[PDB]
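Here we have a structure that includes acarbose.
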Amino acid sequence: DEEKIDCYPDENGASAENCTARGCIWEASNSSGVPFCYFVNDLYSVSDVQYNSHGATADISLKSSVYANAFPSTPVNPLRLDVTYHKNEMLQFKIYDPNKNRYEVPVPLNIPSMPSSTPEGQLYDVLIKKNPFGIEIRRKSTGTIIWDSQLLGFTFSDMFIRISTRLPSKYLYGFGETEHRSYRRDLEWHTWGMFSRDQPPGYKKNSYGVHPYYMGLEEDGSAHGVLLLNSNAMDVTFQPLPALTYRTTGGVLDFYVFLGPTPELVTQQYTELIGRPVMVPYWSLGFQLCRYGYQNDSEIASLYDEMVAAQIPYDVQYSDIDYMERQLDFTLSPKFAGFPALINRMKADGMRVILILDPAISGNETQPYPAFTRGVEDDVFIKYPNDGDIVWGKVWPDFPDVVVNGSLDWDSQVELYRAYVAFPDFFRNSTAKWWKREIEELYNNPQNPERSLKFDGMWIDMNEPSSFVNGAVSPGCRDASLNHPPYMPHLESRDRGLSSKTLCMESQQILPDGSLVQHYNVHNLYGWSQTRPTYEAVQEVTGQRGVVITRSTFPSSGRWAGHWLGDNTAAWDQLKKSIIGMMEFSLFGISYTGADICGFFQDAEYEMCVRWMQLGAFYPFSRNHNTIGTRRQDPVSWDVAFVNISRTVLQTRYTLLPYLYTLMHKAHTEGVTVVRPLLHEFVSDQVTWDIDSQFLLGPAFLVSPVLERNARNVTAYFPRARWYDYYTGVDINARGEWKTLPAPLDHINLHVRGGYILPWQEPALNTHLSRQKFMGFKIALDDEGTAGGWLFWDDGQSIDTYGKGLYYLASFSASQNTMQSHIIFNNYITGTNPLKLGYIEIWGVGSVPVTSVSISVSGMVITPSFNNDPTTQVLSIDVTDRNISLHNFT
Ligand SMILES: C[C@H]1O[C@H](O[C@H]2[C@H](O)[C@@H](O)[C@@H](O[C@H]3[C@H](O)[C@@H](O)[C@@H](O)O[C@@H]3CO)O[C@@H]2CO)[C@H](O)[C@@H](O)[C@@H]1N[C@H]1C=C(CO)[C@@H](O)[C@H](O)[C@H]1O
């Protein structure tokens, strides 16, 4: 019943007779999922298999065209397969057309100069099996088979490619941006669309980015990863005979396989290929506020003052498109003048500001508008292929004189008001200068130095590329590269073709080299194409490292940006989904992510929002954002009870920051994960393979959120190790056990894994005041493991600090009743530049209050006063009275 490989996934025309017309068998079923049409025999035949020291290659040919000609596109013949043993832990196999040169995804990866696999170290082996044509990847370690495409269905036609594989288990994690219902994916007959579209998160709905990458767990605790470097419109299909099926619409099958043995190891190797996450500015680790519909310039300032009055910490203040004049890029609303004043005032207190940008530029404007005009001069806009005019979409920008009724039909609004806009082609060496310029002159206004906005980071959005008309504008598109492209993957609005909510597929773009591409192949690449330049733009203009949040992603996208999970709604299910989203994104190679706290779409409710601020207080990207007409949902818009709660939890986060920052350093340097599923640190425990309603920050910080309304308690899992409550210092004392811990409406549960030391620092009102206060230690000893730890210090904003010069790297270790410090490299904390070392806490020291050594060394040796409770292992040791800094301490 499984093993049935759906022969008719087509949008239209599945029928007994139409089914027979391919080499296929029609047989109804009463079981949900099973394909009425299925494969009984193959249509390609592998021929000249050959192996060598460094790879393998066979040839694939039709047999015969009688049936291959019967489905989607004109099949390609013959094909060719090249497997390559890059490293011992990594593979690639590609199936392509050796004759014609097919579209291949233009995103740089790093690969050993030549194949560096060694017969003794190589951890996997491959076999090109012959009947029917198959590919079998195996972990040499223990025979588990990683990939096995010796199933039927393999097709390969210009605009339709199918390949399948048995999964080595019933546990698979993560696919290209959408709203999964659990971390581990179902397998019980589910298809998923993958294609950049402006879709609020939804079940089986294709969303902002595309990520054809998964991690599979094996029989034993072993793990592997698989990437399909294809950017065409595709959908994947999970069958209960553990096995999935790709159906792309026309690249080549370029697969890369990774078999680090562990989840982290896998990710380290995936990111090693596509690139590791961007290092973020220390200030971005703080809390963030925004909304769609900040009315007046001053309604923001009103908010920023209300927030410092409540003493709720936060470093980043935004403004949505409201600050633009009629949603035009690079313009300042009348209603928002002396907004430039607000920026400068806030940053002066130590805050920072992030501004949104859309990609589409309006060209129906009457006044002068350099952005658009110089756009046309430098020729940076996306046109049709036969020289044809700009491909005109519509988005946010309003027409010039039109008077706007905020309440009109959303459709009516799009014809009467919204201007025609052009989409820049961000591949082009030209579009880079143009874009980078506009950004320059936003920062330093050539004409009105008083109207300069001094932003610190950019939020590129609406870049799928999203558009509020299907394709182009007035007459439409004209093409079959667009609608019904032989196979229309299982996307949202399938009936609308690929055109739906974006550019015409025939739209011409130009790659950096200079060759011509149509939007059809690079659509999923669009937002990605825009990411690096924007990143660079911010860097050049601000002279600092800065940060970029983008909506549309693609593998490697996270190399220059972070990501927020998009248009959630203020509903309870959406909290848990954010935990997933984050987790999945760590896999996808993007460390800096989160959801819109309290919920974008719709009005926030009180209790849900107390719970969400507590959860979100631990997103790496912690931002409270919100759609237009809704009521405001920020912390100082509820009541005294709320405010006070918000304060406490935010404080906690501003304490973890030195830890959260080093994680970010380690993910950037090592490939490791930041938001990390328990199962990454405790694989041998199968209970964790399924838990997705709680998560880790790094290895030692266990977050256990309350995700249900009335609930004021929670049941959370606690793997086999010591879990110290972060607040009290006491070990919970569960071990591979489920405990029900009390969870009052003011409290969120956090625990520190025994065997780790966490560097902390006193909570300020923003990271500027914070970095000045006292540095702490939390040594979470475990009878289960003594203690290990890391700290990395930086000016927190300079470009490539680690990579060239000024940083501080210290590993910490506690063997016997004593913690010792080893500075690996120091170059920013010097005698003159001191790091105040405040307190030193130690949890789990013993019920016997007897020390053999109570005094700390700096070179000299003091025996400062301490507090100790025998009941609770805590051993506190204040030191706010010494000249102790991280650079002279031992
Ligand atoms: C702010 C948001 O506006 C537009 O969102 C539209 C969505 O495209 C559609 O999904 C559509 O229906 C959704 C409903 O609005 C919503 O109530 C939900 O419950 O389900 C519906 C899905 O069927 O209507 C939406 C109109 O509001 C736009 O497409 C979307 O991309 C916009 N979000 C971005 C815009 C802003 C402002 O620049 C940013 O603040 C957001 O973060 C962006 O994500």
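By the numbers in the PDB entry, the shown part of chain A spans 960-1849. As a basis for the values below, the full set of heavy atoms in this structure was taken, side chains included, without hydrogen atoms, waters or symmetry mates. Structure determined by X-ray crystallography, 2.9 Å. Both ligands and their constituent atoms are indexed starting at 1 by order of listing.
In this complex, the main macromolecule engaging acarbose, as named in UniProt, is Maltase-glucoamylase. For acarbose, the residues with any heavy atom closer than 4.0 Å are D1157, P1159, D1279, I1280, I1315, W1355, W1418, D1420, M1421, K1460, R1510, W1523, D1526, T1528, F1559, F1560, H1584.
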